[PDB]
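What follows is a single structure, written as structure tokens, with notes after it.
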Amino acid sequence: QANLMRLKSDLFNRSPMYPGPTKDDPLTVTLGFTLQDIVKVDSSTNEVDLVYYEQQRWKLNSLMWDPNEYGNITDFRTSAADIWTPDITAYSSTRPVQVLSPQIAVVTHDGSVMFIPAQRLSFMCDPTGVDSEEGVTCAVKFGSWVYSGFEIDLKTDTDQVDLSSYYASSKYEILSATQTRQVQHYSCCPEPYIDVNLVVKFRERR
Amino acid sequence: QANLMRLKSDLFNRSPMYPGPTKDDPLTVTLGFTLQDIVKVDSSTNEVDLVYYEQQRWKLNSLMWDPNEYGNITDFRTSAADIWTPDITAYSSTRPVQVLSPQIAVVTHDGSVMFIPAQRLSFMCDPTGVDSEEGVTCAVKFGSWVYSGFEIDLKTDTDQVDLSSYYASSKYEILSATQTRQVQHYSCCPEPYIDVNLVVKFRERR
Amino acid sequence: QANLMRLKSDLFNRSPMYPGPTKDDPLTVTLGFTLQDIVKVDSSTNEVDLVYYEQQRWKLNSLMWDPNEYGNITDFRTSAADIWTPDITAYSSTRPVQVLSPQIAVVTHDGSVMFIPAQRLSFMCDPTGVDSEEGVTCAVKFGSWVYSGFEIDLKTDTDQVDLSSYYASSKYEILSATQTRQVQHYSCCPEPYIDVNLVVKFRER
Amino acid sequence: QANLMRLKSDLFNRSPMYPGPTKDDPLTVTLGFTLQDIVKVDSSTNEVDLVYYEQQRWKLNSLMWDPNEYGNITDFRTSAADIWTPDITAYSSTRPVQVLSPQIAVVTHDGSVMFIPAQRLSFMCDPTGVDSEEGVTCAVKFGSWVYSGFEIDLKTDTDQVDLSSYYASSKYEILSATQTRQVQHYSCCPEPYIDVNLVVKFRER
Amino acid sequence: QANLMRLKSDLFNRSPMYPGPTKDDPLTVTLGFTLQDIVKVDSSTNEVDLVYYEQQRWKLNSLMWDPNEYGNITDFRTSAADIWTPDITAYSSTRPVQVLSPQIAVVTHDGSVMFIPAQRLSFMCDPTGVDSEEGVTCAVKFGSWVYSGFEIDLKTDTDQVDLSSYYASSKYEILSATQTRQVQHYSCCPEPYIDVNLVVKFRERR
Ligand SMILES: c1cnc2cc3c(cc2n1)[C@@H]1CNC[C@H]3C1
Ligand SMILES: c1cnc2cc3c(cc2n1)[C@@H]1CNC[C@H]3C1
Ligand SMILES: c1cnc2cc3c(cc2n1)[C@@H]1CNC[C@H]3C1
Ligand SMILES: c1cnc2cc3c(cc2n1)[C@@H]1CNC[C@H]3C1
Ligand SMILES: c1cnc2cc3c(cc2n1)[C@@H]1CNC[C@H]3C1
């Protein structure tokens with residue numbers, strides 16, 4: 001501005017879009033969940049509804065630049081449409097995920113992208129024994145839908161889910177939450193697919 | 001990398017889109033269902049809700065290339081908008097199907113496309129006797145909406161539906177699931193239309 | 001394909017889109033309903049939900065061609081966005097209609113288009129007496145929203161609705177179904193508007 | 001068609017879009033409601049659902065033409081996207097309005113536009129006493145959201161709402177319906193904003 | 001209006017879009033809420049639904065002009081798509097916000113923009129004790145999702161929410177409503193993020 005505008009122009013207008021990773025130049029996405037609320041539980045259909053936001057990080061050479069060339073600009077915000085983004089998907093979802101945040105990411109001079117969408121998800125979960133002291137445990141996998149391990153790998157900075165933002169007066173208390181990496185194989189396809197498995201253990205509030 | 005982008009450009013930017021099959025150059029789509037959950041049953045309206053993903057395969061000359069000409073590239077992922085896709089449709093649906101996965105397909109050097117959309121479908125089904133030991137049986141046909149047998153044929157690699165991914169703690173147990181090919185005639189039109197008939201037999205979990 | 005692609009290109013890329021009918025060059029749409037299910041009935045709000053598919057036919061000179069010029073091609077499928085389509089609308093709908101089928105039509109060398117969208121419609125209907133043996137009767141008009149009789153006419157191949165595809169195990173049995181043409185006048189506008197009136201008579205099982 | 005296509009092209013392709021009214025060149029929209037059904041009433045949240053269609057008229061110099069120059073064409077239908085339209089909005093709505101009709105308007109040689117969207121609206125209304133003989137009364141204002149009196153004025157051809165199209169077998173009977181013009185002031189802004197206040201009085205039966 | 005068209009053309013057609021604020025040229029948005037109705041309360045999931053409209057003001061050099069050059073034009077209305085707008089977001093929302101108004105803003109010769117979207121929001125709130133005389137209190141933060149304090153600051157013209165437009169016959173009476181500015185830090189990010197905290201205290205009508 002004029003610097004930022006020129007920068008954005010150079011990356012997006014002058015180049016073709018990054019065509020996604022491949023076996024030859026694969027990519028690693030760092031996931032991390034901040035759980036906000038277990039909004040509702042349906043014991044007649046065994047689906048439960050979570051609200052959270054999911055931090056995604058990755059890095060691309062396509063998105064690098066030299067700050068001195070662009071008015072000492074270290075980073076910028078941009079629409080998620082302007083860049084490639086990973087197709088992280090909830091495998092046991094029962095309804096399409098609802099986006100609760102804007103679709104804007106941060107890009108930085110070293111090509112690192114950060115993107116943190118807020119979501120509401122309804123996923124498969126049997127709440128039997130939520131009323132008990134012992135509580136009930138449910139799990140849901142997040143991972144690329146189309147990209148194998150050989151193109152997209154996932155990692156977590158910590159197995160502990162971020163519960164510091166959980167709703168004080170929720171109907172359900174969280175006993176524990178876990179974000180652990182996994183490998184899976186499916187009947188369609190020879191290659192392994194990577195996913196981060198979100199496992200929550202919860203119960204009704206006294 | 002550059003090597004790909006060039007490929008994608010050659011297939012999509014330089015050519016006009018494949019205009020769909022015709023009697024002269026017809027096409028065969030291979031369908032296959034992985035049932036995930038029978039989410040809910042409504043006995044007051046006789047509609048039942050399934051979550052699954054539906055594997056679609058087909059092949060086009062339009063999409064072929066020579067790997068040596070494109071940096072030894074065997075295959076790639078792309079948006080479903082970038083290519084023609086078949087109009088497989090649930091004939092007894094009561095509500096529009098909801099897409100639970102991204103709209104990305106895999107294309108390969110020999111022109112083979114694979115596309116596996118995850119869906120939630122509400123279809124016509126009378127659950128009377130779901131509580132019994134015997135269970136209740138329901139069926140729904142999938143097939144092209146507009147393309148006759150003479151333009152689109154359907155086939156299955158197996159009559160057995162893939163239940164290996166079914167939800168362990170679902171409200172309903174699957175006794176059996178079947179994907180069998182069928183031929184049908186409709187009053188509008190002289191030609192026969194092909195469909196794969198999904199037949200599931202299920203009951204409450206006891 | 002080479003042939004078909006060229007054909008499609010000539011009709012759509014090289015010409016401007018058909019700007020809809022007018023008084024001078026009017027047209028006639030043939031409607032026909034295949035009722036599939038009466039899904040639900042709400043007696044607290046007097047709305048009922050139907051699932052069906054609605055066959056639409058019409059013909060345009062804009063869409064004609066000579067098969068010999070295009071590799072003996074008699075007809076083809078295409079997206080509904082690529083062509084003009086008629087604005088048939090349910091006058092007593094209480095919620096926007098939901099499309100249950102793809103938006104693809106068939107065009108033929110003589111300019112005839114066929115298009116059969118599958119729909120779910122919620123329309124105004126008082127089900128009082130649906131539980132009785134006598135059953136209850138409800139009606140809903142379908143017709144162009146903006147085009148008068150003088151631009152769009154409607155006709156039916158038969159007054160009998162196609163119930164051969166109705167759901168065997170539906171909560172409601174169909175006693176009868178009727179698709180009859182009508183003329184209507186509205187206070188806004190001098191001209192008459194045409195509609196096909198769908199009348200169904202049904203009850204619980 | 002050739003003629004019509006050329007006309008449409010001249011108005012839309014060759015000109016930039018009408019940039020909306022201003023203080024200097026203000027505009028008057030004529031509103032008129034045809035109420036179809038009071039579909040449902042929720043006494044636990046005090047919202048009620050109406051289905052109707054709302055006639056909008058206005059006139060622009062931008063849209064004028066000479067019929068002799070265009071094959072004696074008096075008028076035509078077109079997409080609502082092709083022209084500017086007014087931002088009439090329900091002030092006491094509790095949910096986004098649902099469009100039940102196509103988005104097509106009629107334009108005429110003297111620059112007059114007519115546009116009649118069918119809608120379902122959920123708005124704020126306490127139904128307490130709907131079961132009584134006396135009935136209950138509710139109101140909802142329609143007016144531009146962003147344009148003051150000084151840019152958009154509203155008028156009504158009649159204070160009587162058009163109930164001739166109301167549903168015979170609705171759960172609720174209409175005792176009366178009124179479309180009266182009003183002026184309002186809001187805390188944000190010095191200028192007055194115009195609205196047409198729809199007031200309905202109704203009950204069960 | 002020949003004049004207005006030319007003006008609009010000069011700002012939007014001839015220039016590239018304002019690329020959003022940065023640390024170097026930051027921006028201040030003035031928020032203000034007019035609460036219309038507390039429509040419903042769900043005590044089984046602890047979510048409550050508000051209808052309101054939210055006044056947003058800010059100023060940009062990009063949008064300035066000289067009235068003498070454009071037929072003494074002081075201001076104009078335009079689509080929200082034609083200009084940059086701030087990404088104010090409800091942090092404790094449980095469902096995507098629904099827009100109840102048109103997406104039109106007012107721009108003025110000194111570059112000031114005003115934009116007042118009407119919304120329905122479902123947010124996290126425990127209504128326990130709404131039936132009491134004492135009432136129950138709930139809060140929800142509004143702020144940029146992606147822009148730190150260093151790029152977007154928020155302010156309020158008054159801590160008092162505008163209740164003059166509240167629904168006379170609502171199921172719930174408003175005891176008080178507050179729009180107060182706040183600073184927050186999140187685990188992802190070193191910088192502080194600004195939010196205006198909407199705090200309402202209410203009860204059943206009795
Ligand atoms: C870029 C993209 N998404 C973000 C999400 C958040 C934040 C910064 C972001 N930056 C913090 C503030 N906004 C909500 C969360 C936490
Ligand atoms: C290409 C395109 N679609 C796919 C869908 C799936 C898989 C691989 C795919 N590869 C497995 C993993 N993702 C969901 C399903 C099963
Ligand atoms: C052209 C356009 N739509 C059609 C819809 C159907 C059919 C033929 C069509 N042809 C029959 C077979 N497919 C579903 C319905 C009935
Ligand atoms: C142009 C635009 N909208 C219209 C809406 C209607 C009519 C004519 C129209 N002409 C009458 C017939 N169609 C529904 C209503 C009433
Ligand atoms: C520009 C943009 N949005 C506005 C919203 C409103 C108003 C003026 C506006 N001007 C007042 C009248 N319309 C609704 C609210 C209050």
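Below, read A as the first sequence line, B as the second, and so on, with proteins coming before strands; counting in each chain starts at 1. Whatever order the structure lists them in is the order used to number ligands and atoms, beginning at 1. No hydrogens, no waters, no symmetry mates; every other heavy atom, side chains included, goes into these values.
- At ligand 3, the PDB records name the drug as varenicline.
- Going by the PDB entry, the chain with the most contacts to varenicline (ligand 3) here is soluble acetylcholine receptor.
- Other chains with a heavy-atom distance under 4.0 Å to varenicline (ligand 3) are given as B, C.
- On the PDB entry, the origin listed for chain B is Aplysia californica.
- For varenicline (ligand 3), the residues with heavy atoms nearer than 4.0 Å are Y91(B), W145(B), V146(B), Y186(B), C188(B), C189(B), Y193(B), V106(C), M114(C), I116(C).
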